[PDB]
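The structure to be discussed contains paromomycin.
To find a chain, count down the sequence lines: A is the first, B the second, and so on, and within it residues start at 1. Part of the entry, not all of it, is on display, and contacts are counted within that displayed part. Whatever order the structure lists them in is the order used to number ligands and atoms, beginning at 1.
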Amino acid sequence: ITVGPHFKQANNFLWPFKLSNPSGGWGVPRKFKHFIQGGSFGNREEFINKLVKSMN
Amino acid sequence: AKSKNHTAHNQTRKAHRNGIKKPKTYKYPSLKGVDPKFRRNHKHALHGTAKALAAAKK
Amino acid sequence: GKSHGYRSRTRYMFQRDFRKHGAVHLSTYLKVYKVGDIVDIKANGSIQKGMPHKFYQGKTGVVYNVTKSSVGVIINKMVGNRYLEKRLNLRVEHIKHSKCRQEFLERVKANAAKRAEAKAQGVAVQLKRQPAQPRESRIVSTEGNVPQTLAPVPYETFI
Amino acid sequence: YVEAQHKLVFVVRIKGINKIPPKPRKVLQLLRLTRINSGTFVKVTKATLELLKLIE
Amino acid sequence: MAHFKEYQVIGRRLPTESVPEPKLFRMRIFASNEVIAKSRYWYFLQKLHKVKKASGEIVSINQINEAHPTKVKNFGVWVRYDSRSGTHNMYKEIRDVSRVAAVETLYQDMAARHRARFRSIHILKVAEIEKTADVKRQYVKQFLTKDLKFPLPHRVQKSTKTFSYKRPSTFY
Amino acid sequence: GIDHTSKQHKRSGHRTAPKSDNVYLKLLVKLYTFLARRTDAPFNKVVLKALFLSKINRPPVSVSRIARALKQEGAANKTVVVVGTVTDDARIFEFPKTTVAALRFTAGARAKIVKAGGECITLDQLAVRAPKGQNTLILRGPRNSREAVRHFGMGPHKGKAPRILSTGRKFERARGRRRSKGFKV
RNA sequence: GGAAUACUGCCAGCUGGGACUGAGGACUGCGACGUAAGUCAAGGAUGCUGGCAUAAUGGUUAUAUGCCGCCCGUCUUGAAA
RNA sequence: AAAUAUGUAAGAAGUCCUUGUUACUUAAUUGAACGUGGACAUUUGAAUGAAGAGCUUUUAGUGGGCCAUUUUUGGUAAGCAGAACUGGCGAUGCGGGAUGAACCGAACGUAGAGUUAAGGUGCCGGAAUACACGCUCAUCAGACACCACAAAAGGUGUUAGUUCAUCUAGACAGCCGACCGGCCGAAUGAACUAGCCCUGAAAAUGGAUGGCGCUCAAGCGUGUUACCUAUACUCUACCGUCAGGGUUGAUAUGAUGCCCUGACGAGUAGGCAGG
RNA sequence: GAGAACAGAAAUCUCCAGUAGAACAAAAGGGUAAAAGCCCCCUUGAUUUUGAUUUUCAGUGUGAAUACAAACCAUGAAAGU
RNA sequence: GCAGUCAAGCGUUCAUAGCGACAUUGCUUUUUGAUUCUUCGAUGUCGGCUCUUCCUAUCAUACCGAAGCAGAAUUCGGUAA
RNA sequence: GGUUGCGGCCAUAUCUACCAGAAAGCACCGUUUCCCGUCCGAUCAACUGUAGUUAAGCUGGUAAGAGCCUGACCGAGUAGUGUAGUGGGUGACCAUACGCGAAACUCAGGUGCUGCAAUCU
Ligand SMILES: NC[C@@H]1O[C@H](O[C@H]2[C@@H](O)[C@H](O[C@@H]3[C@@H](O)[C@H](N)C[C@H](N)[C@H]3O[C@H]3O[C@H](CO)[C@@H](O)[C@H](O)[C@H]3N)O[C@@H]2CO)[C@H](N)[C@@H](O)[C@@H]1O
Ligand SMILES: NC[C@@H]1O[C@H](O[C@H]2[C@@H](O)[C@H](O[C@@H]3[C@@H](O)[C@H](N)C[C@H](N)[C@H]3O[C@H]3O[C@H](CO)[C@@H](O)[C@H](O)[C@H]3N)O[C@@H]2CO)[C@H](N)[C@@H](O)[C@@H]1O
Ligand SMILES: NC[C@@H]1O[C@H](O[C@H]2[C@@H](O)[C@H](O[C@@H]3[C@@H](O)[C@H](N)C[C@H](N)[C@H]3O[C@H]3O[C@H](CO)[C@@H](O)[C@H](O)[C@H]3N)O[C@@H]2CO)[C@H](N)[C@@H](O)[C@@H]1O
Ligand SMILES: NC[C@@H]1O[C@H](O[C@H]2[C@@H](O)[C@H](O[C@@H]3[C@@H](O)[C@H](N)C[C@H](N)[C@H]3O[C@H]3O[C@H](CO)[C@@H](O)[C@H](O)[C@H]3N)O[C@@H]2CO)[C@H](N)[C@@H](O)[C@@H]1O
Ligand SMILES: NC[C@@H]1O[C@H](O[C@H]2[C@@H](O)[C@H](O[C@@H]3[C@@H](O)[C@H](N)C[C@H](N)[C@H]3O[C@H]3O[C@H](CO)[C@@H](O)[C@H](O)[C@H]3N)O[C@@H]2CO)[C@H](N)[C@@H](O)[C@@H]1O
Ligand SMILES: NC[C@@H]1O[C@H](O[C@H]2[C@@H](O)[C@H](O[C@@H]3[C@@H](O)[C@H](N)C[C@H](N)[C@H]3O[C@H]3O[C@H](CO)[C@@H](O)[C@H](O)[C@H]3N)O[C@@H]2CO)[C@H](N)[C@@H](O)[C@@H]1O
Ligand SMILES: NC[C@@H]1O[C@H](O[C@H]2[C@@H](O)[C@H](O[C@@H]3[C@@H](O)[C@H](N)C[C@H](N)[C@H]3O[C@H]3O[C@H](CO)[C@@H](O)[C@H](O)[C@H]3N)O[C@@H]2CO)[C@H](N)[C@@H](O)[C@@H]1O
Ligand SMILES: [Mg+2]
Ligand SMILES: [Mg+2]
Ligand SMILES: [Mg+2]
Ligand SMILES: [Mg+2]
Ligand SMILES: [Mg+2]
Ligand SMILES: [Mg+2]
Ligand SMILES: [Mg+2]
Ligand SMILES: [Mg+2]
Ligand SMILES: [Mg+2]
Ligand SMILES: [Mg+2]
Ligand SMILES: [Mg+2]
Ligand SMILES: [Mg+2]
Ligand SMILES: [Mg+2]
Ligand SMILES: [Mg+2]
Ligand SMILES: [Mg+2]
Ligand SMILES: [Mg+2]
Ligand SMILES: [Mg+2]
Ligand SMILES: [Mg+2]
Ligand SMILES: [Mg+2]
Ligand SMILES: [Mg+2]
Ligand SMILES: [Mg+2]
Ligand SMILES: [Mg+2]
Ligand SMILES: [Mg+2]
Ligand SMILES: [Mg+2]
Ligand SMILES: [Mg+2]
Ligand SMILES: [Mg+2]
Ligand SMILES: [Mg+2]
Ligand SMILES: [Mg+2]
Ligand SMILES: [Mg+2]
Ligand SMILES: [Mg+2]
Ligand SMILES: [Mg+2]
Ligand SMILES: [Mg+2]
Ligand SMILES: [Mg+2]
Ligand SMILES: [Mg+2]
Ligand SMILES: [Mg+2]
Ligand SMILES: [Mg+2]
Ligand SMILES: [Mg+2]
Ligand SMILES: [Mg+2]
Ligand SMILES: [Mg+2]
Ligand SMILES: [Mg+2]
Ligand SMILES: [Mg+2]
Ligand SMILES: [Mg+2]
Ligand SMILES: [Mg+2]
Ligand SMILES: [Mg+2]
Ligand SMILES: [Mg+2]
Ligand SMILES: [Mg+2]
Ligand SMILES: [Mg+2]
Ligand SMILES: [Mg+2]
Ligand SMILES: [Mg+2]
Ligand SMILES: [Mg+2]
Ligand SMILES: [Mg+2]
Ligand SMILES: [Mg+2]
Ligand SMILES: [Mg+2]
Ligand SMILES: [Mg+2]
Ligand SMILES: [Mg+2]
Ligand SMILES: [Mg+2]
Ligand SMILES: [Mg+2]
Ligand SMILES: [Mg+2]
Ligand SMILES: [Mg+2]
Ligand SMILES: [Mg+2]
Ligand SMILES: [Mg+2]
Ligand SMILES: [Mg+2]
Ligand SMILES: [Mg+2]
Ligand SMILES: [Mg+2]
Ligand SMILES: [Mg+2]
Ligand SMILES: [Mg+2]
Ligand SMILES: [Mg+2]
Ligand SMILES: [Mg+2]
Ligand SMILES: [Mg+2]
Ligand SMILES: [Mg+2]
Ligand SMILES: [Mg+2]
Ligand SMILES: [Mg+2]
Ligand SMILES: [Mg+2]
Ligand SMILES: [Mg+2]
Ligand SMILES: [Mg+2]
Ligand SMILES: [Mg+2]
Ligand SMILES: [Mg+2]
Ligand SMILES: [Mg+2]
Ligand SMILES: [Mg+2]
Ligand SMILES: [Mg+2]
Ligand SMILES: [Mg+2]
Ligand SMILES: [Mg+2]
Ligand SMILES: [Mg+2]
Ligand SMILES: [Mg+2]
Ligand SMILES: [Mg+2]
Ligand SMILES: [Mg+2]
Ligand SMILES: [Mg+2]
Ligand SMILES: [Mg+2]
Ligand SMILES: [Mg+2]
Ligand SMILES: [Mg+2]
Ligand SMILES: [Mg+2]
Ligand SMILES: [Mg+2]
Ligand SMILES: [Mg+2]
Ligand SMILES: [Mg+2]
Ligand SMILES: [Mg+2]
Ligand SMILES: [Mg+2]
Ligand SMILES: [Mg+2]
Ligand SMILES: [Mg+2]
Ligand SMILES: [Mg+2]
Ligand SMILES: [Mg+2]
Ligand SMILES: [Mg+2]
Ligand SMILES: [Mg+2]
Ligand SMILES: [Mg+2]
Ligand SMILES: [Mg+2]
Ligand SMILES: [Mg+2]
Ligand SMILES: [Mg+2]
Ligand SMILES: [Mg+2]
Ligand SMILES: [Mg+2]
Ligand SMILES: [Mg+2]
Ligand SMILES: [Mg+2]
Ligand SMILES: [Mg+2]
Ligand SMILES: [Mg+2]
Ligand SMILES: [Mg+2]
Ligand SMILES: [Mg+2]
Ligand SMILES: [Mg+2]
Ligand SMILES: [Mg+2]
Ligand SMILES: [Mg+2]
Ligand SMILES: [Mg+2]
Ligand SMILES: [Mg+2]
Ligand SMILES: [Mg+2]
Ligand SMILES: [Mg+2]
Ligand SMILES: [Mg+2]
Ligand SMILES: [Mg+2]
Ligand SMILES: [Mg+2]
Ligand SMILES: [Mg+2]
Ligand SMILES: [Mg+2]
Ligand SMILES: [Mg+2]
Ligand SMILES: [Mg+2]
Ligand SMILES: [Mg+2]
Ligand SMILES: [Mg+2]
Ligand SMILES: [Mg+2]
Ligand SMILES: [Mg+2]
Ligand SMILES: [Mg+2]
């Protein structure tokens, strides 16, 4: 979270996270429109937390 | 009868399986295609700087 | 019939620039090229002798030979999947002196001189380059600049 | 107060593994997302920032 | 573009060594969240000044609540929108208890009778109608009259049991 | 589904035990497999791998190749190891002493190794004398000296040699072999 | 002017209902609760009660029902054709 | 003169200091290469990734291809002919598009549970005859990408909007003595725009929004939530494959073993393996 | 463009202007202005030897081409080519 | 092949009763091409005769609207297969 | 600073007009025996620096001058373009999303910089 000097290897040490589908749906009808238009697929900024948490 | 003529389709694909390699360079490259009277005189410049170490070491 | 000869399609490519023609100036002839020099290849139409094939136009390679009027340049082109080693014998009107590596020397040299500053002081080096960064927090003054508020403009025809 | 821009980002790949163009496809591998609904952390820099947005 | 908020969005060109302190610009943006509103901002500013989002930065974003949200108001609405064959301007009047609720019903009307989706609509100006009698559109005027009372005939009551044991009535 | 960045269920190209059935060879491996595992000695790993090699990869190490390696500075007394058979070479004359640990020695090799007063050690004997393989000099025969490796990569302008049954004139010297008939290579 | 409330977000806050799973098989690990003796939910289910031999239960087979299922082989860009 | 695409560099094979060789080179101890001896590491000199890096031999099939988006040539055009890039079909099932080579979603060892994608949730049919604002009445209404067509041109149908003109210096309709006046008391006139609908709109067996049927929809535009279920995602058991690690120091009955760990599993032609 | 016996639209002579608007065998494109054009002077590098390199490419052949080496020549005051 | 739209012009007068140039939007698949997907281990190839049924872009007949319809005749059109 | 021999970049250096130019240098200019070249001492050659001169070449300045060089949230984030959706439209086309982004236009400013050598109120 603090990034910092060894973030490269600290993050690379971490295996990529295997996640389930969002519990309670993706909130949109269609995923592959951009978040600003139709939802998902893009940088949703702080809204990544509500999503990732539901995929956890 | 008539048939296809040419295509490049799928060739980028085939050439990326095992493909695209790299020039596989070494130090001390080959001298191929260098001035002859350089590579002639260059022989004796090395022929002579040999004796220089065939003396110094003793 | 199809026509594939040596200089085909080079019409615009081998043209000299608008209001640049005739004899090539002396900076080109007065340049020195030793082995290992990294040179950019761009042909010159005024000089027909010893000019690159249209492929090597824009390519950059390391000169492997120095002769009377020309320098041999080794270049890497891809055929099928691999790069073979091409070597061209090109005259000096068609050879530039590549600025790609030139700054790297001015980088190393500045790196060694900043090393003596950690030798004579002992602070941390920070030698290797780092890409542009997220920027930072700041404060924007409303003093003398107060946000002026805009709306969208209506539709009107201008002709 | 204009906050510091974010230094740290979390990317979960929401697209399957089928029918992806090479340059995005290679990028998703370099960010270590080769499987759907998987995610990694990424340090935000104009180097990796361009790896995103191309992957968007 | 879902259920609507108002945002003061303030942004500026990036400062340069030549020009520190470039001018701040504010827009009121009706959007469903901060990510759209921020994006919405740059959309119009790129339609006005020479700026990209890449070249600029956003100084602030703040939500704007209605000051008198339980007070009924009459709203003027100025809208530019593209149509199928052309792009034109409109004045509409909406009577509601906030600007959000009014823009909320604005986009539906532009969808219902003009087939105008969000992306093809610019909201040029939305302001409260200061007095009555400055109200132009007659479909608002009807509810401005003194001592206004009307019935709601033919009452249809949603059932729950799928079979009912008497002929229902609408009488209200 | 995964987008695979490398090929699934690929096996490494290297052998595991030999392909040979020789029960004694299979024992020497059982020895040196154990050795290489329970030691720090890298030599045992090296010998273990070299025990799986195929007769093309274990070319004969000539005695003269052993002798010249003892003339190496500082290695003079070391016991030399060859993981394959060792040959006699009449071309030398004065051959030093040492001891040579190999799989097999030709009759001339063995007998002439001892005429200079030296031992032919067999690989388990070498293991007992040198469990960490210390003060050992490992020798390899040439594998590119082979016949078949002369014809490999036979292209135009590659100067290699063609697969050919008879040889002389009349055989593949005319068109393409000289500027006078066709072209040259 | 002093709250309240909404909204978004955090808690290594406390609790109720349902579902599937019990891989492993002496001890070795990391722990936590302990003044201690010791106890535990801490490197994978145990305790308790009952039910079954004219048999519970499981296999096969026939029939029925819900949904599904075009003729293989071949050539072919493409075959139920 | 772009965008996209494109050659090169980002080090220890580095940057330098010195001065030995030669038949080359210079006015020349000038050079040129190649050496001798010596100065400097710690972010060793961008990010990101690496399921390991390099190398060799041999040999199957193939050498009719086709499709989508985009750029693109010939042709009035074609389910036509021909190129470019990528993705696909072929060689591939699965969920969705009723139906379907190529579309959308997702790629497949055997299973359980959870969640989802594309697509849906009146009834056929799993899932709200859900909430919300409007529009639409069609004597073939309409109903959702690819996709299974309709155009110019019209409409005093209805809906919103624009412009210009008149109007509280009281108009416009109406009743009252062309024009004027009294009462009234807020609009009026014309030209337009585009929504839905209507005309435009003619073919041969009887018939197809998939089907019934639906009219404040079960239609069209828009918003907000709940819900349904793929061979996909998450958790776990089991089979196999590949990889890494431990282990006859033993005490039987297998060291090709026994044991621990991680990842992976589509397939025609074809190759190889174990049976 | 402005100027001279016959001499006229067209003969030969002059001056000024002239970035190539001409010429360079030919197709077309590129290139060239104290030249690559016009004109004159001298010559036979359109020669000997034998390798390397580029295009096409399988990195075979062939055609054409580029930079050298070793000779022996042409040209010029020369550097050069 | 069939039919729209604009309406310069025709029709004594008079665009549109009936017509209609320049243009322009279409439909149709009883024309001919274009193509080469299906069929070359075979789908009997012209016309007629016979018989059924469907289409409507209506020749007649039923009921109508329009006319440059006095009557008579004719012409344009609607519901009509 | 002027000036010249050789220059580098090769218009901020070119074009057109009109003025100004001390010192030195450059020229213009006098000469036709000799080498030399032409139809023609015009160009080329040689002699002289003596007979003459800034009129020109040349160097500067001036021009709401031509052209050229430069700048800018000037126009323009326009044209175009990379990526995206089961976006809109019968179509032709078009919008939106994440990015890259001109040329014309316009306003504004500028009109050679400089190397080695020599020389001069
Ligand atoms: N610095 C110790 C070195 O030890 C070396 O010898 C010993 C070991 O260090 C070396 O071990 C292997 C080596 O065989 C092989 N060729 C390379 C491998 N990286 C080495 O391993 C080494 O590095 C790995 C990875 O970092 C470590 O896990 C390991 O402990 C370490 N010994 O092999 C020898 C034991 O088998 C050399 N004598 C020399 O380089 C030096 O003395
Ligand atoms: N060893 C047995 C002998 O081998 C002989 O063959 C070997 C040589 O004698 C034979 O060489 C021939 C030779 O036959 C003949 N009489 C003279 C000829 N110049 C030689 O040829 C030689 O030069 C040519 C190129 O010119 C090469 O191709 C060849 O390899 C080389 N050996 O090539 C073989 C070696 O490579 C005979 N074929 C055979 O009958 C006889 O029994
Ligand atoms: N990135 C630095 C690298 O250093 C490398 O240098 C490596 C080698 O060149 C050098 O090797 C030397 C060798 O030159 C010399 N002729 C023999 C000497 N025994 C070797 O030494 C090396 O190997 C031995 C044996 O395993 C080890 O014991 C020892 O630790 C090691 N320094 O040892 C270095 C490794 O320790 C290379 N120059 C190159 O790859 C690169 O510059
Ligand atoms: N040709 C014979 C060779 O000459 C060499 O010397 C010749 C050059 O290599 C040597 O030059 C050296 C150079 O070697 C070395 N690597 C770098 C050094 N800067 C050079 O020095 C040079 O430049 C400096 C000024 O910078 C001058 O004062 C000096 O005279 C000059 N030679 O100067 C000589 C002429 O330039 C060495 N003596 C040697 O390798 C050998 O004898
Ligand atoms: N459910 C039927 C609806 O009509 C569609 O299909 C319609 C078209 O195929 C067809 O339209 C044709 C037109 O192509 C062709 N010119 C012949 C016919 N006179 C027209 O029919 C049309 O008549 C008029 C307009 O002309 C319309 O009012 C009427 O609704 C429409 N049927 O009429 C069909 C029925 O209306 C689709 N089957 C379906 O997607 C849609 O829901
Ligand atoms: N022949 C004696 C009498 O004359 C009658 O007179 C009829 C004819 O003179 C004339 O009829 C014409 C006919 O000549 C011609 N061949 C065919 C045309 N369609 C008919 O036309 C008439 O009749 C048709 C059908 O009834 C009507 O639709 C039409 O309006 C009418 N003008 O117009 C009269 C009817 O309008 C009839 N022929 C007949 O029935 C009657 O007994
Ligand atoms: N003739 C019919 C069709 O015309 C099309 O023409 C298209 C092209 O000429 C041009 O499209 C360009 C495209 O070429 C270029 N490579 C990318 C660019 N974004 C497109 O732009 C176009 O389409 C986008 C789509 O969202 C619109 O937003 C945009 O306004 C429009 N100018 O504009 C047309 C579409 O607006 C295509 N050539 C092809 O589909 C087909 O030929
Ligand atoms: Mg749920
Ligand atoms: Mg959905
Ligand atoms: Mg839905
Ligand atoms: Mg949860
Ligand atoms: Mg969860
Ligand atoms: Mg053929
Ligand atoms: Mg073919
Ligand atoms: Mg052909
Ligand atoms: Mg391979
Ligand atoms: Mg051609
Ligand atoms: Mg150019
Ligand atoms: Mg250019
Ligand atoms: Mg030539
Ligand atoms: Mg950021
Ligand atoms: Mg990462
Ligand atoms: Mg950044
Ligand atoms: Mg927010
Ligand atoms: Mg502006
Ligand atoms: Mg306004
Ligand atoms: Mg308009
Ligand atoms: Mg108004
Ligand atoms: Mg309204
Ligand atoms: Mg718009
Ligand atoms: Mg009820
Ligand atoms: Mg009841
Ligand atoms: Mg009842
Ligand atoms: Mg799998
Ligand atoms: Mg060797
Ligand atoms: Mg060798
Ligand atoms: Mg050779
Ligand atoms: Mg032989
Ligand atoms: Mg011959
Ligand atoms: Mg020949
Ligand atoms: Mg108070
Ligand atoms: Mg207060
Ligand atoms: Mg809360
Ligand atoms: Mg507690
Ligand atoms: Mg158990
Ligand atoms: Mg414990
Ligand atoms: Mg305790
Ligand atoms: Mg304790
Ligand atoms: Mg304890
Ligand atoms: Mg019991
Ligand atoms: Mg049973
Ligand atoms: Mg079925
Ligand atoms: Mg067959
Ligand atoms: Mg067939
Ligand atoms: Mg076929
Ligand atoms: Mg096939
Ligand atoms: Mg075909
Ligand atoms: Mg079949
Ligand atoms: Mg020396
Ligand atoms: Mg890594
Ligand atoms: Mg093969
Ligand atoms: Mg073949
Ligand atoms: Mg074939
Ligand atoms: Mg086809
Ligand atoms: Mg087809
Ligand atoms: Mg189609
Ligand atoms: Mg075809
Ligand atoms: Mg095609
Ligand atoms: Mg392309
Ligand atoms: Mg595709
Ligand atoms: Mg496939
Ligand atoms: Mg598939
Ligand atoms: Mg299906
Ligand atoms: Mg369909
Ligand atoms: Mg399907
Ligand atoms: Mg898609
Ligand atoms: Mg149901
Ligand atoms: Mg939909
Ligand atoms: Mg349709
Ligand atoms: Mg059809
Ligand atoms: Mg229509
Ligand atoms: Mg219309
Ligand atoms: Mg209308
Ligand atoms: Mg009207
Ligand atoms: Mg109206
Ligand atoms: Mg008014
Ligand atoms: Mg009225
Ligand atoms: Mg009005
Ligand atoms: Mg039909
Ligand atoms: Mg129907
Ligand atoms: Mg449907
Ligand atoms: Mg019905
Ligand atoms: Mg119905
Ligand atoms: Mg339904
Ligand atoms: Mg609706
Ligand atoms: Mg609900
Ligand atoms: Mg499963
Ligand atoms: Mg193992
Ligand atoms: Mg398999
Ligand atoms: Mg596979
Ligand atoms: Mg198989
Ligand atoms: Mg097979
Ligand atoms: Mg088996
Ligand atoms: Mg002229
Ligand atoms: Mg011109
Ligand atoms: Mg010539
Ligand atoms: Mg030409
Ligand atoms: Mg030209
Ligand atoms: Mg010129
Ligand atoms: Mg010379
Ligand atoms: Mg017809
Ligand atoms: Mg008339
Ligand atoms: Mg009339
Ligand atoms: Mg015809
Ligand atoms: Mg066919
Ligand atoms: Mg046919
Ligand atoms: Mg048949
Ligand atoms: Mg046939
Ligand atoms: Mg038959
Ligand atoms: Mg028949
Ligand atoms: Mg017959
Ligand atoms: Mg016939
Ligand atoms: Mg009809
Ligand atoms: Mg009729
Ligand atoms: Mg008739
Ligand atoms: Mg009349
Ligand atoms: Mg008549
Ligand atoms: Mg008659
Ligand atoms: Mg008719
Ligand atoms: Mg009938
Ligand atoms: Mg004179
Ligand atoms: Mg003179
Ligand atoms: Mg003067
Ligand atoms: Mg000017
Ligand atoms: Mg300037
Ligand atoms: Mg579309
Ligand atoms: Mg954009
Ligand atoms: Mg870029
Ligand atoms: Mg820029
Ligand atoms: Mg000037």
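In this structure, the ligands or chains belonging to paromomycin are ligands 1, 2, 3, 4, 5, 6 and 7. In this complex, the main macromolecule engaging paromomycin (ligand 5), as named in the PDB entry, is 25S ribosomal RNA. With a cut-off of 4.0 Å on heavy atoms, the other chains touching paromomycin (ligand 5) are H. Organism for RNA chain H, as given in the entry: Saccharomyces cerevisiae (strain ATCC 204508 / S288c). Counting heavy atoms within 4.0 Å, the binding site of paromomycin (ligand 5) comprises H/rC140, H/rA141, H/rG142, H/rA143, H/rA150, H/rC198, H/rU199, H/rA201, H/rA202, H/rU209.
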